[PDB]
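Model: Protease / ligand darunavir.
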Number of protein chains: 2
Amino acid sequence: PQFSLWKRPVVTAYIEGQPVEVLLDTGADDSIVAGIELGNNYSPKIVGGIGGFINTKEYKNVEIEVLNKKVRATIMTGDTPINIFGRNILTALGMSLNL
Amino acid sequence: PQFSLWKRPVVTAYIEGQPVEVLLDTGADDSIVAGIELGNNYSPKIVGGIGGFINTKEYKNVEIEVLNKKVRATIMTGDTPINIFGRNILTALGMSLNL
Ligand SMILES: CC(C)CN(C[C@@H](O)[C@H](Cc1ccccc1)NC(=O)O[C@H]1CO[C@H]2OCC[C@H]21)S(=O)(=O)c1ccc(N)cc1
Ligand SMILES: [Cl-]
Ligand SMILES: [Cl-]
Ligand SMILES: [Cl-]
Ligand SMILES: [Cl-]
Ligand SMILES: [Cl-]
Ligand SMILES: [Cl-]
Ligand SMILES: [Cl-]
Ligand SMILES: [Cl-]
Ligand code: NA
Ligand SMILES: [Zn+2]
Ligand SMILES: [Zn+2]
Ligand SMILES: [Zn+2]
Ligand SMILES: [Zn+2]
Ligand SMILES: [Zn+2]
Ligand SMILES: [Zn+2]
Ligand SMILES: [Zn+2]
Ligand SMILES: [Zn+2]
Ligand SMILES: [Zn+2]
């Protein structure tokens, strides 16, 4: 698939079966999702964005389905205004930025 | 050129001739840089992300040299923690995000 970036590169995904809208974000190291409930097996993490820092819940080895692929990856849940798949997932998917 | 996303995609750009390192960010609609003064002809705007919001100043038709290309583009200035070249610049350069 190819994203020409005239529109946001947004897609739908499942995270442990939970449907989400996510932004493919080359500017993010991590993948941050709001709203989904992945349970109590997490570790707290601190994530910094353009405005400051948030606490997140880090879940390892989470099943994610996106772009017709299935991978395992780390998801952090917390208060992001847009759900983002960062480079930890983009690399698992084999994505690249090209010119 | 290809950015494989194992590392942050950061390159050196020249904005009105001054060198800045910038992050090539598909998750950003627009571009925001710190530490460079672009003057009194702007439109104030607020942008939001993780951690909250920041005040910015939006400048039009700014000279940018990056990835051996020269373009004229919209740039915001503000107290951003990292310099971001968002989709308005990536599309001017003809960049794409591919799987
Ligand atoms: C959260 C996204 C919807 C929007 N952001 C772009 C995003 O790529 C930022 C860009 C970014 C990068 C570093 C620092 C601040 C912001 N990355 C980010 O917040 O990533 C966080 C998750 O992974 C971690 O790795 C980097 C910071 C953490 S943003 O910086 O808030 C932003 C919003 C609007 C514009 N026009 C430009 C930038
Ligand atoms: Cl597009
Ligand atoms: Cl489009
Ligand atoms: Cl499913
Ligand atoms: Cl990281
Ligand atoms: Cl941490
Ligand atoms: Cl960690
Ligand atoms: Cl972080
Ligand atoms: Cl391909
Ligand atoms: Na003016
Ligand atoms: Zn398009
Ligand atoms: Zn499934
Ligand atoms: Zn949407
Ligand atoms: Zn991180
Ligand atoms: Zn992080
Ligand atoms: Zn971790
Ligand atoms: Zn030059
Ligand atoms: Zn400051
Ligand atoms: Zn392919």
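Each sequence line gets a chain letter, starting at A and going down the list. By the PDB entry numbering, chain A shows 101-199, in order. For chain B, we keep the numbers from the PDB entry: what you see runs 1-99, in order. In listed order, ligands and their atoms are each counted from 1. We use all heavy atoms of the structure for the numbers below, so side chains are in, but hydrogens, waters and symmetry mates are not.
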Point out every copy of darunavir in the model.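 Every copy of it sits at ligand 1.
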Please list, by chain letter, the other chains with any heavy atom under 4.0 Å from darunavir (ligand 1).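 By heavy-atom distance, the answer is A, B.
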Nearest-contact summary for atom 5 (N) of darunavir (ligand 1) - protein heavy atom, Å: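 Sorting protein heavy atoms by distance from atom 5 (N) of darunavir (ligand 1) puts B:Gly27 O, 4.1 Å first.
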For darunavir (ligand 1), note which part of B:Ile84 has a heavy atom under 4.0 Å away: side chain, backbone, both or neither.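 B:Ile84 to darunavir (ligand 1): side-chain contact only, backbone stays beyond 4.0 Å.
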Looking only at protein heavy atoms, identify the closest one to atom 33 (C) of darunavir (ligand 1) and say how far it is in Å.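 Nearest neighbour among protein heavy atoms for atom 33 (C) of darunavir (ligand 1), to 0.1 Å: B:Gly48 O, 3.6 Å.
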Test item, B:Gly86 contacting darunavir (ligand 1) (heavy atom, 4.0 angstrom):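 It does not, in that no heavy atom of B:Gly86 comes within the 4.0 Å cut-off of darunavir (ligand 1).
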Geometry only, no angles: is A:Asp125 polar-contacting darunavir (ligand 1) at N/O separations under 3.5 Å?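 A:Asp125 vs darunavir (ligand 1): N/O contact under 3.5 Å present.
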Help me out: which active-site residue from UniProt for chain A lies closest to darunavir (ligand 1), and what's the least heavy-atom distance to 1 Å?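 Per UniProt, closest by heavy-atom distance: A:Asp125, 3 Å.
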What's the entry got as the organism for chain A?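 The entry gives Human immunodeficiency virus type 2 (ISOLATE ROD).
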Which of the atoms in darunavir (ligand 1), numbered in the order shown and given with their element, are less than 4.0 Å from a heavy-atom of A:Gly149?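 Counting from 1, the qualifying ligand atoms are 15 (C), 19 (O).
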For darunavir (ligand 1), which part of A:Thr126 has a heavy atom less than 4.0 Å away: the side chain, the backbone, both, or neither?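 No part of A:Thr126 is near darunavir (ligand 1) at this cut-off.
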May I ask whether B:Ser31 places a heavy atom under 4.0 Å from darunavir (ligand 1)?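 It does not; every heavy atom stays at 4.0 Å or beyond.
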With respect to B:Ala28, determine whether any N or O atom, backbone or side chain, lies less than 3.5 Å from an N or O atom of darunavir (ligand 1).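 Between B:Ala28 and darunavir (ligand 1), no N or O pair is found under 3.5 Å apart.
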List the closest protein heavy-atom neighbour of atom 13 (C) of darunavir (ligand 1): residue, atom name, distance to the nearest 0.1 Å.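 Nearest neighbour among protein heavy atoms for atom 13 (C) of darunavir (ligand 1), to 0.1 Å: B:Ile82 CG2, 3.5 Å.
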Looking at chain A, which UniProt domain houses most residues near darunavir (ligand 1)?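 The UniProt domain in question is Peptidase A2.
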Please list other ligands or ions under 4.0 Å from darunavir (ligand 1).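 I find ligand 8 (chloride ion), ligand 15 (zinc ion).
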Write out the residue and atom name of the closest protein heavy atom to atom 24 (C) of darunavir (ligand 1), then the distance separating them to 0.1 Å.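 Closest protein heavy atom to atom 24 (C) of darunavir (ligand 1): A:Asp130 OD2, 3.4 Å.
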Considering only protein heavy atoms, which is closest to atom 32 (C) of darunavir (ligand 1), and at what distance to one decimal place?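 I find the closest protein heavy atom is A:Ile150 CD1, 4.0 Å.
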Which residue holds the protein heavy atom closest to atom 35 (C) of darunavir (ligand 1), what is that atom called, and what is the gap in Å?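 Scanning the protein heavy atoms, the shortest distance from atom 35 (C) of darunavir (ligand 1) goes to B:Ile32 CD1, 3.8 Å.
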Give, by chain and number, every residue with a heavy atom within 4.0 Å of darunavir (ligand 1).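 Using heavy atoms under 4.0 Å, it comprises A:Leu123, A:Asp125, A:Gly127, A:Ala128, A:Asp129, A:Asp130, A:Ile132, A:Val147, A:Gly148, A:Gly149, A:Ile150, A:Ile182, B:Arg8, B:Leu23, B:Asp25, B:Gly27, B:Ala28, B:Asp30, B:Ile32, B:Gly48, B:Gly49, B:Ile50, B:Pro81, B:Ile82, B:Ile84.
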